[PDB]
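What follows is a deposited structure in which one can find quinupristin.
Chain identifiers are assigned alphabetically (A, B, ...) following the order of the sequence lines, protein sequences preceding nucleic acid strands; residue numbering begins at 1 within each chain. The structure shown is a partial extract from the entry, and contact counts are restricted to the extract. Heads up: weird residues get written as their parent (or X), and the extra bits don't count toward contacts. Keep in mind that the numbers below use all heavy atoms, side chains included, and drop hydrogens, waters and symmetry copies. So how was this one determined? The header says X-ray crystallography, 2.9 Å.
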Amino acid sequence: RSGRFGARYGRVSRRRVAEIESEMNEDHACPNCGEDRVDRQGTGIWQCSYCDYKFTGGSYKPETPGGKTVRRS
Amino acid sequence: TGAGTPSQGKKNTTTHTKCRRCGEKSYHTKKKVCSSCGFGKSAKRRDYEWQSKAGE
Amino acid sequence: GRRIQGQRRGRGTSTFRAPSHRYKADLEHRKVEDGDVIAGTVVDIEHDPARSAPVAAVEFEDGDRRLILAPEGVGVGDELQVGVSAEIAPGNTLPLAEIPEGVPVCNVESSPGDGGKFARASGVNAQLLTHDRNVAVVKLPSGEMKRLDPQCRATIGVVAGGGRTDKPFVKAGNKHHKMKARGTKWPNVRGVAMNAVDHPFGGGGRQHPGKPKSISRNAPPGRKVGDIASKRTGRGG
Amino acid sequence: XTXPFXX
RNA sequence: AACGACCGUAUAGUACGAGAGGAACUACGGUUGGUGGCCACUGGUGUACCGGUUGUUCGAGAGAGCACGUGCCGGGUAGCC
RNA sequence: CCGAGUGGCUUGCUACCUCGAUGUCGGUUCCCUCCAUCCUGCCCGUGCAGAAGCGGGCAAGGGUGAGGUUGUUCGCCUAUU
RNA sequence: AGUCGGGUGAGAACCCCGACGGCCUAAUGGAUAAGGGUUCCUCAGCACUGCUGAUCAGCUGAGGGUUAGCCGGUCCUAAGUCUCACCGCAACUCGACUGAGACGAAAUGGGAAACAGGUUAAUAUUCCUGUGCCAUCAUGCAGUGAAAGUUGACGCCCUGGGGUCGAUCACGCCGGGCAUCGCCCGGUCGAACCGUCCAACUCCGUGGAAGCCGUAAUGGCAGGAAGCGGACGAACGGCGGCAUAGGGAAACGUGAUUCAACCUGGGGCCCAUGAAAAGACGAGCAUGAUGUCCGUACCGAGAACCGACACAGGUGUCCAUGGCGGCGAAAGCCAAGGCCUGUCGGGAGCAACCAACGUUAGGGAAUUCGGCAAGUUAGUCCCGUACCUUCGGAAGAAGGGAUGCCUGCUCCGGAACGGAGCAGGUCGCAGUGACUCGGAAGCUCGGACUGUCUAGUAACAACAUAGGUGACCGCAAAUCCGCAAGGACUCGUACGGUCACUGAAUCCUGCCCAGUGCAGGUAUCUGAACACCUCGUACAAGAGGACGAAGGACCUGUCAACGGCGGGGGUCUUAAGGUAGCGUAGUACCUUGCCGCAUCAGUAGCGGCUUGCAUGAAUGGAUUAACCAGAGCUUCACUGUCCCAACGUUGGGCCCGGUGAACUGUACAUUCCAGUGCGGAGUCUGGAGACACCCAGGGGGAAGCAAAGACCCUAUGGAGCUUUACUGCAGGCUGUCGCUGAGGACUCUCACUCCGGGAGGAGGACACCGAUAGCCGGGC
RNA sequence: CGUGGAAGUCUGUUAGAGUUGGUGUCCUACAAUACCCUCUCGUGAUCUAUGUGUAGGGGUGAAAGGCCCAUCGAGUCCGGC
Ligand SMILES: [Cl-]
Ligand SMILES: [Cl-]
Ligand SMILES: [Cl-]
Ligand SMILES: [Cl-]
Ligand SMILES: [K+]
Ligand SMILES: [Mg+2]
Ligand SMILES: [Mg+2]
Ligand SMILES: [Mg+2]
Ligand SMILES: [Mg+2]
Ligand SMILES: [Mg+2]
Ligand SMILES: [Mg+2]
Ligand SMILES: [Mg+2]
Ligand SMILES: [Mg+2]
Ligand SMILES: [Mg+2]
Ligand SMILES: [Mg+2]
Ligand SMILES: [Mg+2]
Ligand SMILES: [Mg+2]
Ligand SMILES: [Mg+2]
Ligand SMILES: [Mg+2]
Ligand SMILES: [Mg+2]
Ligand SMILES: [Mg+2]
Ligand SMILES: [Mg+2]
Ligand SMILES: [Mg+2]
Ligand SMILES: [Mg+2]
Ligand SMILES: [Mg+2]
Ligand SMILES: [Mg+2]
Ligand SMILES: [Mg+2]
Ligand SMILES: [Mg+2]
Ligand SMILES: [Mg+2]
Ligand SMILES: [Mg+2]
Ligand SMILES: [Mg+2]
Ligand SMILES: [Mg+2]
Ligand SMILES: [Mg+2]
Ligand SMILES: [Mg+2]
Ligand SMILES: [Mg+2]
Ligand SMILES: [Mg+2]
Ligand SMILES: [Mg+2]
Ligand SMILES: [Mg+2]
Ligand SMILES: [Mg+2]
Ligand SMILES: [Mg+2]
Ligand SMILES: [Mg+2]
Ligand SMILES: [Mg+2]
Ligand SMILES: [Mg+2]
Ligand SMILES: [Mg+2]
Ligand SMILES: [Mg+2]
Ligand SMILES: [Mg+2]
Ligand SMILES: [Mg+2]
Ligand SMILES: [Mg+2]
Ligand SMILES: [Mg+2]
Ligand SMILES: [Mg+2]
Ligand SMILES: [Mg+2]
Ligand SMILES: [Mg+2]
Ligand code: NA
Ligand code: NA
Ligand code: NA
Ligand code: NA
Ligand code: NA
Ligand code: NA
Ligand code: NA
Ligand code: NA
Ligand code: NA
Ligand code: NA
Ligand code: NA
Ligand code: NA
Ligand code: NA
Ligand code: NA
Ligand code: NA
Ligand code: NA
Ligand code: NA
Ligand code: NA
Ligand code: NA
Ligand code: NA
Ligand code: NA
Ligand code: NA
């Protein structure tokens, strides 16, 4: 995680990098199929290593609280 | 690094060259303008009154 | 003295310009004589250097290939539509008039046809509230209520890449790299750390501003620094 | 011009 | 300045003094600082020399070169100190 | 207390000398000197029994060392003398 | 870094041959870019140049020398540049935009095509021999396909597979070397091109896995896994030809390991997204013709470049795979190749003195501002490891042990000429035996960290940083550039970017709006010009009035805005009256404060107290792990820093041949002690001393040489900087006039503006622009 | 336990970059900023070649009034003179 930062940058900074990156690296349910196979391709880009679906999503998450709102209305 | 002798070593760039119009080695081959006659900038010849004493 | 930094800026030299020659596409809404019959298929999802956010490549029915300000959830294969009759789903672009109230919108036009102006940064989004035969009330991401022509076209959904600001840069090196893709001089030296000659706050035996930081709006460039026309300062009260 | 001659 | 000064012993547990305590002349031994000289002795050096030994090169052996002006290690004559 | 002086280390005063520059403080090294003498020699007095001192006289031959804090000079401190 | 012979010559230490001895190993070798410009080769020379000499030469003189369809240029496009047009400007050789065109890459971007040998004093993928290839066109045959697509064409980190050269190992052959042995060295060749082979990736069929397949790793699958079959498909690689070509005195090998080049995959990262165009492919074959123009010598550096020099400086790319060594592109040593030109020599055991340096007994920082300088430690393995800590770190903490050779072996692996161990034997004072190679520990201060800086006395605590906070702005924006035409931000849009402050984390950040600043409001007061009203004037100047914009008065908001946080008494100034903390501070005058630690002794250091001359909260306060060529202090270790100096080594120094400057010089000058003098005299005065000349020395004096004193003052000197100094100038805000139109509030559309491809939409007599007026106005 | 191989990460005269001490050598120098040893960085806010842009009250500046051809609190040249 933030282990790469050695004893630098102080708590908050690395604590947050670890968290964000932890969630970022989790198994994400593909919007197309349902397989937990979505991975970040870059800043805001995600893709299903299964069906290859490539889509826009959060910057560090594939789904942002804001996005989930659109759906509704 | 001294600005003196040691900084003289890198000076191997060619700029001012024999000018096609006036024959002076003042043609800046990177600027394509002659510092002497003005070839490349002015159709007229580069000339200023300050190149001599006011009353002359 | 010497022109302060803000003055060197205006001159538009290299140091201060954006590496435009490295930018992908001036994201702007398409044009349609009318009808709305226009629609294309998402072909790819790229990284937009100018906005540190993803953008989508699209091929339209009339074989037109262009990059588009991508909302969230737009994936390859998806079919977007741009027109008065365009469906009411995320990704589609249509005049506010046709958009139902309460729907999150992004890349809104100021004047109809300008191709989008408001809400285009990572994860932001406007908010359509009021309909009228005359005015469409949009609540911009800054929280301001903007009165717009119901003919101004806008895209449904929120901009992609949201939450980008949540992770700290942590190290100068990370700013460096990002900064290098914008029209900005970085790093930043505080006036107070400069010589009197270089900035109104320069000089002294110790570091401190030589006057109150709040400057008048009517101040001339070269002297307008610090807190510009501040209605107030601090966090208290 | 800098204290001792000529530092 | 070619010499300056100090400690110790005998004098004497004496003169003196209630006691406590406690000298001197003189003769001795030594120390310190300074001075001039010298090298038997001790010590240093001693890239004179002899030996051990690592790397490498001359095929091995033998015998050598280089490793900063001896590769390092051990011993060390004269002389100089 | 008051009064009379010598010195030219301190400080102050003056503005004579140098502003076409006479290189700073402290330290260091190396040489000569002064006496208003700390020790050493020879002496006087003693509130000088002795021992240890206290004060003074002649006297500049020799000596007057090592360290802890401090850039310090100065000074404070330690153990030797 | 030379030495002995010898050569040439009028002349030889340094020109040439040989031998012996050395030096250079990412360079002192090889190929080159820029730059130089004939320095290249040859012959003849020595007046010049060469740190001495010269027969030599980058010198002088005269000749000669650079050969390309397939190496570069040329072509393409990059940041960006110019030209024309348009517009601006008093104007231009000026100026931003827009449109069109052109320019912009010689090592090192993209790119049609060449290899091998031979040759000259000097060129060489250029000439010659052999062989091959590309393009265009022409003719003939085929073909009617033909433009969609592919390619050119791409970041960073890790990694697998294919694989050549090289290197090494085994054995054979050819040639050499060595001489107790049987070893050691070199060689054992052979291209472009043509043909052919194909692993990886992708896909297809078959198959039918419900747990298997697979990797260095990740991974894969009923949406179809393994296996089998197949389509597509790689090398500068293999294989065949090329080649009874070439090359070699000869032999003119075969296998293997590790494998640069080259080929092809997999994984990971981005608040960073990693060129473009020409061109190629797509799209056959034969024969013939054509392929012009420019560069090509040489140097590429301790003598051919820049630095005034044959300058110890500076100056890009490729050779990173030669051997031993070892982790290594490290040291040390040695090839290939280069060199003895980092170009003056000869002589003295060669003194003093100086530069680099070795070794010094006993002591061991006593030296000193300070351990400055030097020294100690050191490689690898095993054991073991404190406080503190942000849990990462601290940490190689510290500390202890081991370490060679020789004999025979074991384990890992396909194997290495890879690695890890075992038993026995054995030498030395010493086994990382040289070389390579940390001294260690603690306390306090500062800045969080990596990073930045005064090119040439400052590397630091200064700057930056992430992080924290405040301010401005909805884009026809805020901010900024331009005289204008116009422009940066901006292919951007509040998760933005402008303007500032603070400066990681951690616990926190009190009180004050009185002054100043900024901003909002405002009955009333003050507030310019035009128009308007009165007076005045046959008109006019002019005087007064009415209305009143911004602004000010006044009011309010605001301190993570400038800044403030006391005296007195049991409020006063001027708003408040110092909260948490910290405290004799890098802030404390008094001061070496007092007490304690530590030492024989401690203006130091650390801790406590602390009334703080004159601490204190984003002018950030406290505190803090890690980090540091940062400041202070303590300990162990170590030592010529010191007691106290000695001896030694090399280069000078000294003598000799040759070369050969400069600084400085009013004159006189063998001085010394005193005195005098504008008070700091070799020269005046009095005495003393004093025969001349020369060598070496360390520098006492010549207020030594070098610099018209920086300090200080003065001059109605200069400049940079500041401000509520004087005066002005931009700029911003605001009223008014013009553009400007119809019906103190209001409608419209037609100028004008803006959005829109257009149709048309928004806006609209405003805004913009021109003119003027008031206010703000160190931005200048 | 292994695999993996992150990092403005560590050691490092790899290349390359930098410039702390010696206040050494030099100081009519080899040199108008050099030499030697010592020292810092060395996968990144890295170093570097070439091409290109910014011009003088203007640039450029992680800010030292640093730099803009040995020239900088306002470059250089000529002119005003
Ligand atoms: Cl940013
Ligand atoms: Cl003592
Ligand atoms: Cl070429
Ligand atoms: Cl793989
Ligand atoms: K003076
Ligand atoms: Mg300069
Ligand atoms: Mg755009
Ligand atoms: Mg932020
Ligand atoms: Mg930039
Ligand atoms: Mg800053
Ligand atoms: Mg400053
Ligand atoms: Mg100013
Ligand atoms: Mg500050
Ligand atoms: Mg000065
Ligand atoms: Mg030797
Ligand atoms: Mg050793
Ligand atoms: Mg003098
Ligand atoms: Mg007397
Ligand atoms: Mg005497
Ligand atoms: Mg000749
Ligand atoms: Mg020649
Ligand atoms: Mg071109
Ligand atoms: Mg090329
Ligand atoms: Mg040649
Ligand atoms: Mg050639
Ligand atoms: Mg030379
Ligand atoms: Mg000793
Ligand atoms: Mg001491
Ligand atoms: Mg002492
Ligand atoms: Mg040292
Ligand atoms: Mg095995
Ligand atoms: Mg202190
Ligand atoms: Mg720091
Ligand atoms: Mg400096
Ligand atoms: Mg430093
Ligand atoms: Mg320095
Ligand atoms: Mg900040
Ligand atoms: Mg900030
Ligand atoms: Mg700071
Ligand atoms: Mg204290
Ligand atoms: Mg506060
Ligand atoms: Mg401050
Ligand atoms: Mg006389
Ligand atoms: Mg003067
Ligand atoms: Mg002054
Ligand atoms: Mg002035
Ligand atoms: Mg427009
Ligand atoms: Mg001024
Ligand atoms: Mg690092
Ligand atoms: Mg390093
Ligand atoms: Mg450049
Ligand atoms: Mg300053
Ligand atoms: Na200031
Ligand atoms: Na007197
Ligand atoms: Na006096
Ligand atoms: Na004088
Ligand atoms: Na002195
Ligand atoms: Na005496
Ligand atoms: Na003392
Ligand atoms: Na082949
Ligand atoms: Na090797
Ligand atoms: Na010579
Ligand atoms: Na670093
Ligand atoms: Na106030
Ligand atoms: Na106020
Ligand atoms: Na304060
Ligand atoms: Na650092
Ligand atoms: Na020594
Ligand atoms: Na002298
Ligand atoms: Na000035
Ligand atoms: Na693991
Ligand atoms: Na240095
Ligand atoms: Na100027
Ligand atoms: Na003049």
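To find every copy of quinupristin, look at chain D. Per the PDB entry, the macromolecule in most contact with quinupristin is 23S ribosomal RNA. Other chains, heavy atom under 4.5 Å from quinupristin: F, G.
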